[PDB]
Chemist: 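This is the structure, below, for whatever I ask next.
Throughout, a chain's letter reflects where its sequence line sits, starting with A, and its residues are numbered from 1. The structure has been trimmed to a portion of the entry, and contacts are counted only among what remains. Counting convention: from 1, in listed order, for ligands and their atoms alike.
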Amino acid sequence: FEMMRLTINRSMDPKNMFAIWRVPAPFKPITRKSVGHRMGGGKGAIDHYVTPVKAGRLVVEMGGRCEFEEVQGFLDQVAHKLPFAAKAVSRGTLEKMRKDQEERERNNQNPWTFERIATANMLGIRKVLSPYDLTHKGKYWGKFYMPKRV
Amino acid sequence: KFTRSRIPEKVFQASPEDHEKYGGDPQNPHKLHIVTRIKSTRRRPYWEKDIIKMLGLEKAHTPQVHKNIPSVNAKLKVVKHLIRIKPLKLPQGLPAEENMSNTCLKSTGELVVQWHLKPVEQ
Amino acid sequence: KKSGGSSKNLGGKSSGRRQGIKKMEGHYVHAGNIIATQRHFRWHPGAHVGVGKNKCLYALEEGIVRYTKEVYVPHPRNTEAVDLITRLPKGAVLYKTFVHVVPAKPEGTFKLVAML
RNA sequence: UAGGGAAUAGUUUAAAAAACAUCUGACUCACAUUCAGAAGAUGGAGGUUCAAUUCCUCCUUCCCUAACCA
RNA sequence: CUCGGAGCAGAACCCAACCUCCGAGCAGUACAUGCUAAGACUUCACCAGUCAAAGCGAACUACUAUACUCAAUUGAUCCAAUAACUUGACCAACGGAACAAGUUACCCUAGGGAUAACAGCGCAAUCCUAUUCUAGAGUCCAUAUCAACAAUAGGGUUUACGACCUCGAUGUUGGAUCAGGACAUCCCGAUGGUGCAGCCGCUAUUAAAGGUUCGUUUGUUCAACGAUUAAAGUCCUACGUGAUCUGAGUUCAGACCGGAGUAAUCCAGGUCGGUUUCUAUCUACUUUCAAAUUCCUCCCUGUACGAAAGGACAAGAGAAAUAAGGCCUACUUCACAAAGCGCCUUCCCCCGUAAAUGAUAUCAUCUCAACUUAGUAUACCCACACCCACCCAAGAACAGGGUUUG
RNA sequence: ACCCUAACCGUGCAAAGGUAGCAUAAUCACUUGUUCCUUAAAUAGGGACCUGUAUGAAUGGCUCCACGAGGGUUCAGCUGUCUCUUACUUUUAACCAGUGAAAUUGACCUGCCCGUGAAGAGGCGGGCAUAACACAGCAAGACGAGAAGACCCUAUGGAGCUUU
RNA sequence: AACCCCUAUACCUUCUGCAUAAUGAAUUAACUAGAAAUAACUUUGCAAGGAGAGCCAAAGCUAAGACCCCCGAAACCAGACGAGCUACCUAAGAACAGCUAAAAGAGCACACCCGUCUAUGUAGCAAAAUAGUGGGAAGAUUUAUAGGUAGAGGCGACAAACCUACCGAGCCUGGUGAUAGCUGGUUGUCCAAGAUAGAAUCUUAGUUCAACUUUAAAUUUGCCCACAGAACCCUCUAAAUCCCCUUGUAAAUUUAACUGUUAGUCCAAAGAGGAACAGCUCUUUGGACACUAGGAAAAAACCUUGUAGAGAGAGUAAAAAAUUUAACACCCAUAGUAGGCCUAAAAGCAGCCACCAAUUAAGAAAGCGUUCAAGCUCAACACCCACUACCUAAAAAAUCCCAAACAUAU
RNA sequence: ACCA
Ligand SMILES: C[NH+](C)c1cc(NC(=O)CNC(C)(C)C)c(O)c2c1C[C@H]1C[C@H]3[C@H]([NH+](C)C)C(O)=C(C(N)=O)C(=O)[C@@]3(O)C(O)=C1C2=O
Ligand SMILES: [K+]
Ligand SMILES: [K+]
Ligand SMILES: [K+]
Ligand SMILES: [K+]
Ligand SMILES: [K+]
Ligand SMILES: [K+]
Ligand SMILES: [K+]
Ligand SMILES: [K+]
Ligand SMILES: [K+]
Ligand SMILES: [K+]
Ligand SMILES: [K+]
Ligand SMILES: [Mg+2]
Ligand SMILES: [Mg+2]
Ligand SMILES: [Mg+2]
Ligand SMILES: [Mg+2]
Ligand SMILES: [Mg+2]
Ligand SMILES: [Mg+2]
Ligand SMILES: [Mg+2]
Ligand SMILES: [Mg+2]
Ligand SMILES: [Mg+2]
Ligand SMILES: [Mg+2]
Ligand SMILES: [Mg+2]
Ligand SMILES: [Mg+2]
Ligand SMILES: [Mg+2]
Ligand SMILES: [Mg+2]
Ligand SMILES: [Mg+2]
Ligand SMILES: [Mg+2]
Ligand SMILES: [Mg+2]
Ligand SMILES: [Mg+2]
Ligand SMILES: [Mg+2]
Ligand SMILES: [Mg+2]
Ligand SMILES: [Mg+2]
Ligand SMILES: [Mg+2]
Ligand SMILES: [Mg+2]
Ligand SMILES: [Mg+2]
Ligand SMILES: [Mg+2]
Ligand SMILES: [Mg+2]
Ligand SMILES: [Mg+2]
Ligand SMILES: [Mg+2]
Ligand SMILES: [Mg+2]
Ligand SMILES: [Mg+2]
Ligand SMILES: [Mg+2]
Ligand SMILES: [Mg+2]
Ligand SMILES: [Mg+2]
Ligand SMILES: [Mg+2]
Ligand SMILES: [Mg+2]
Ligand SMILES: [Mg+2]
Ligand SMILES: [Mg+2]
Ligand SMILES: [Mg+2]
Ligand SMILES: [Mg+2]
Ligand SMILES: [Mg+2]
Ligand SMILES: [Mg+2]
Ligand SMILES: [Mg+2]
Ligand SMILES: [Mg+2]
């Protein structure tokens, strides 16, 4: 948050730009054990806090009397420094991003899609899939998002 | 947790295109299935091992005939990844007491009631 | 090498109570059969179903177990439940799940014992 | 690192008192002693209890012990 | 350390953790909280625990009643007390031995790699490196240098963590000896940048052929200090190497001081003393290999370069040291000889870049364009008796040389 | 009483409140204190000072003659301890002749490199090497040999010792 | 055709798992290890009785068959035997040169006694030695002889010393085949069924019950599963489950009788702890392994695959790693004006506000710049097409790279 | 008073 704030506030035009947080402040406690301790002896003590973020979420939102080109530069800098894959997007680039994914799902010439096979348990494939894979449809592997997967 | 799987019923709703590829008649469904196990039950959960035994499919590549009815289809749906299902075809009708001893189940799924082991004269 | 701490959470070692339905829909019960055990009222007694002092639902007659959804009307002496319904918006009716036993046999028959 | 104990007037000890310090006066030529008055605290926060100086739980704080065998 | 409730464990039941939370070891009302009896539940066994129609007695006309509220609110058998009814454990290590603590380095046996200490392995939080980002510092200037917040990738040197091989033994910290390897380069070579005038620096690219001191101190690794040095590199090799050595340390039995304990004893707190076995069966290896490195002086030159102060470089010439390889004339230890402290000899390369010409892209452009430049061994060994014996600068034996000294 | 320390002041507590001495070390948080000697250089040794987590008076305290195969420091000399080894003698050795043990040993037709694997391979995978057999050396490996690990843990296994 | 070719990780034990560099084993011969009741079962006899007094009998009862190892501690106790060693003591002996000093537990130094340090030796010469160097050597000395003290003990200038070569308590015999929840052993052939929820426990290296597993018996459903049905508090509104006729199937329960298994690994999935480490630890649902075969290089746990023999037939399963990357416009620039304000000064470019006009066109200015200046680009004009693809950007360890190779025939 |  310190990196996001100082970089955005230092790089924005306060007269013609505003910025709002789209994530809450750290609220999830994270415990750590004393250095050098062995396994066991009860859970460790609360150390710091974090905010969970899922793929497809807006982290920070900007607007004002600017175009996308004006903010895309330093929004990409802050995004590149985030602990996950992130990207500066616009009201328009976000929509075309979603139209392109739906266009690919429609013109896909492969008769075999992850979803079709996994929903019908074809090949008994669910013996290697998570229950979550019925809705993730092969686009998610842990915390990673794969925009190429259809 | 790995569990038994519910298959959406849409999976078993054939489309007009499917009838063209495979050549079934939705208005005149076949009576009997030909079912062949083509895949091991090793490395499969026990409940699939059990249904393969109920269907008489313990030996691979060994055609069993079964009724094309909802109860049997319920079992065949659980092990549909272990098996090949084909319709039984009776180009010459059912065997009769006369020709019970002359049938052959051909690879095309047709049960012929006359098996001469001779070349077709024409 | 390092001295370690200790967990401050004691207790929590009781095992499951093994409570729940003992007789599902359509099952044949004899009088006395415990139909379901519970700690709170998930299922309420209906026709020919008694309740023990631990909220145990049991069969009072011999027959078939049914579960239904019925309108719930508390006893006017049950202050807490009556306080609930009095605050409900007009037109709102509470429902609970009830279990019943449909008796299978008649109470008896009239048979000829003498011709005197 | 891990356990235990302890925070009461400005001070030091009690179970909300006492002696000091302070304040007011008296005595003295003056000061001190002395005499007579007066104020002055339950570490903070969080509770319960009919009522919290012995009770919480936490914080803050200081201490005590232990930290061994290869 | 027993018992309940909640989560983990979302929906029949069940479900672990030195997991996350919260509770109980009672109170209160009764005095039919009397008797009896179908059918059932059940804490995964058992024991124990639970619910209940009908009936008998009661009670009885408006939630109560043949089974009180309440979640746990609890303890078997034996035995004891009692006329009988009935009563008795924080038996809390809570399925409960009727009643028993310490200490052992004076120790012993049985086992265990089911389990720790060494090493290996896993892992990489911690450590270390690189890159990405542009805040910031650097007078100005983000990028000569140095860097916050972060981000990504790597390494396997630390401290841990895990407990997978070895407890019918994988003994040893530091040192000696001999060193194999990495390159993340300390020095020597070649480059690029510079807040590079020069002399020195700083930073990066390339380079592992060659090298990388002696002392005082501590058992020491570490460090400090004295002298040097071109430089006194970082690491791995079972913290390389103990059937090669050492044993200061370390860590058994003896003893002392301080502390702890009633005492026996104990204390990664000090202190003094304390047995280091092995005849090599197998593998491996035993003249790779004759190309050499570095400093210094002179000189260039008080030149280049600088306002001065200062002050060099691919050359040129010497003289050394070390490392290899020999040798004995002299010296020295010695003496038909072997030696060093003495003497003699020692011979190529390396790539980072910097530049021409020049298209894709009619200029330019050193070019994962075609292209042109810097800029790619020799020496040694070598013929084959008898295989009597003798001799030898040859040699463990064998082999070799000589005998026209049998 | 600048700080340091407190002759001093207040209060409390105990049976008594550690006296005399002694203290950078058989003693040691900081610490290799500091200072004076000692060396070119000292985490050593000596003399002092600081002052005691936890020095201290027959559990003896503090000095001192003599003494000690005790532990430590040192002048001078001495020397192969070392720089840095060399030479010779005997022993051993090796060869001939005689006599003739031991531990050890699953079987062995018993290479190297990388990888793998019960996580460190002569024996597995992929490569590479490769006629056969004596003798002398060597000690890197054969987790070499020797002793059912003396460490550590476990066993309702022992034993010695001490006790409220 | 002996070898060359191809295939092939001794064995036993122990383990989650052993080619393991874990145990044991030179080899040969011989020796060397499952002992029995209760009940049940099977097969006879007799049968409301049986039995050759006793004891059983509501089909019993008699008889028979068939059944439960080996080696190993450290210890504990009883009674003997031990002081020719050694500890201490008693009686009665013996030795101690020379030199110095002269009171002598004085000095030097032999014999003699001891054992400091070094080396050697380590199945030795020796179950403690040898060589040198040492300490003492008229004394609390050393030593010959005989005798004494005895293991719950002695003796001790305490080292827990020594008491006949291992004394925290001797040795021998006996109790004694001590005991061992612990390790190691456990002997002919062939077939078959067979992998593990939990509870309690001075218990977690073990037991007992359950569970699973085996055998025999009885008689009847078992498994798979259709609707209908199983909660609110309040949803991560989960994958699922439970119940369950049909159906496909052949099991299931009960009765009798037992033992062994109750130290578990990886993989996928849902979680928990740890560091969203671990070949980590803990629950759960599956799978695999601890059982063959073929793949993934070797390879327990991934993929294919199961039922057994012979064949010099055949179809198949799983099964081989792909990828190559950063060029980029050319020109052109006058003017109100240094817009005011601010500021010592600000002139496009400190900061403040405003941002209009000139010429076809050039922002009261986007980036650099300075002395606030000046300068240098960019945005305009003119000429007139630069080619612009699409997103992109990495690497180092330690014995020695690692099959050989190959872009072309359906 | 306090054995189990
Ligand atoms: C950590 N502290 C508690 C401590 C520790 C040690 N030593 C050890 O812990 C040694 N530990 C081993 C045994 C090595 C494991 C210690 O040795 C000491 C001390 C405390 C100091 C106090 C010192 C203090 N001043 C001078 C700084 C002071 O005022 C006093 C006092 N009495 O008031 C001191 O005496 C003091 O100088 C001192 O002596 C201390 C220690 O000695
Ligand atoms: K071991
Ligand atoms: K030793
Ligand atoms: K000292
Ligand atoms: K000093
Ligand atoms: K001495
Ligand atoms: K060796
Ligand atoms: K191994
Ligand atoms: K092993
Ligand atoms: K072993
Ligand atoms: K064993
Ligand atoms: K046990
Ligand atoms: Mg001792
Ligand atoms: Mg032992
Ligand atoms: Mg292990
Ligand atoms: Mg380790
Ligand atoms: Mg190892
Ligand atoms: Mg390592
Ligand atoms: Mg484990
Ligand atoms: Mg061994
Ligand atoms: Mg080397
Ligand atoms: Mg080492
Ligand atoms: Mg010992
Ligand atoms: Mg003392
Ligand atoms: Mg003491
Ligand atoms: Mg000594
Ligand atoms: Mg020592
Ligand atoms: Mg040797
Ligand atoms: Mg004093
Ligand atoms: Mg001193
Ligand atoms: Mg100290
Ligand atoms: Mg001190
Ligand atoms: Mg004292
Ligand atoms: Mg005393
Ligand atoms: Mg004297
Ligand atoms: Mg003496
Ligand atoms: Mg001395
Ligand atoms: Mg000297
Ligand atoms: Mg070794
Ligand atoms: Mg060994
Ligand atoms: Mg052992
Ligand atoms: Mg015992
Ligand atoms: Mg005993
Ligand atoms: Mg193991
Ligand atoms: Mg072995
Ligand atoms: Mg073993
Ligand atoms: Mg052996
Ligand atoms: Mg006894
Ligand atoms: Mg003498
Ligand atoms: Mg004596
Ligand atoms: Mg003693
Ligand atoms: Mg002792
Ligand atoms: Mg003896
Ligand atoms: Mg035992
Ligand atoms: Mg594991």
Chemist: Drug at ligand 1 - which one is it?
Modeler: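 You're looking at tigecycline.
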Chemist: What does the PDB entry call the chain that holds tigecycline with the greatest number of close contacts?
Modeler: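 Its main partner is 16S mitochondrial rRNA.
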Chemist: Give, by letter, every other chain that has a heavy atom closer than 4.0 Å to tigecycline.
Modeler: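 Chains with a heavy atom that close: E, F.
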Chemist: Which residues, given by chain and number, touch tigecycline within 4.0 Å on a heavy-atom basis?
Modeler: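 The heavy-atom cut-off picks out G269(E), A29(F), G52(F), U53(F).
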Chemist: Give the source organism of RNA chain F as stated in the entry.
Modeler: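 Source per PDB: Homo sapiens.
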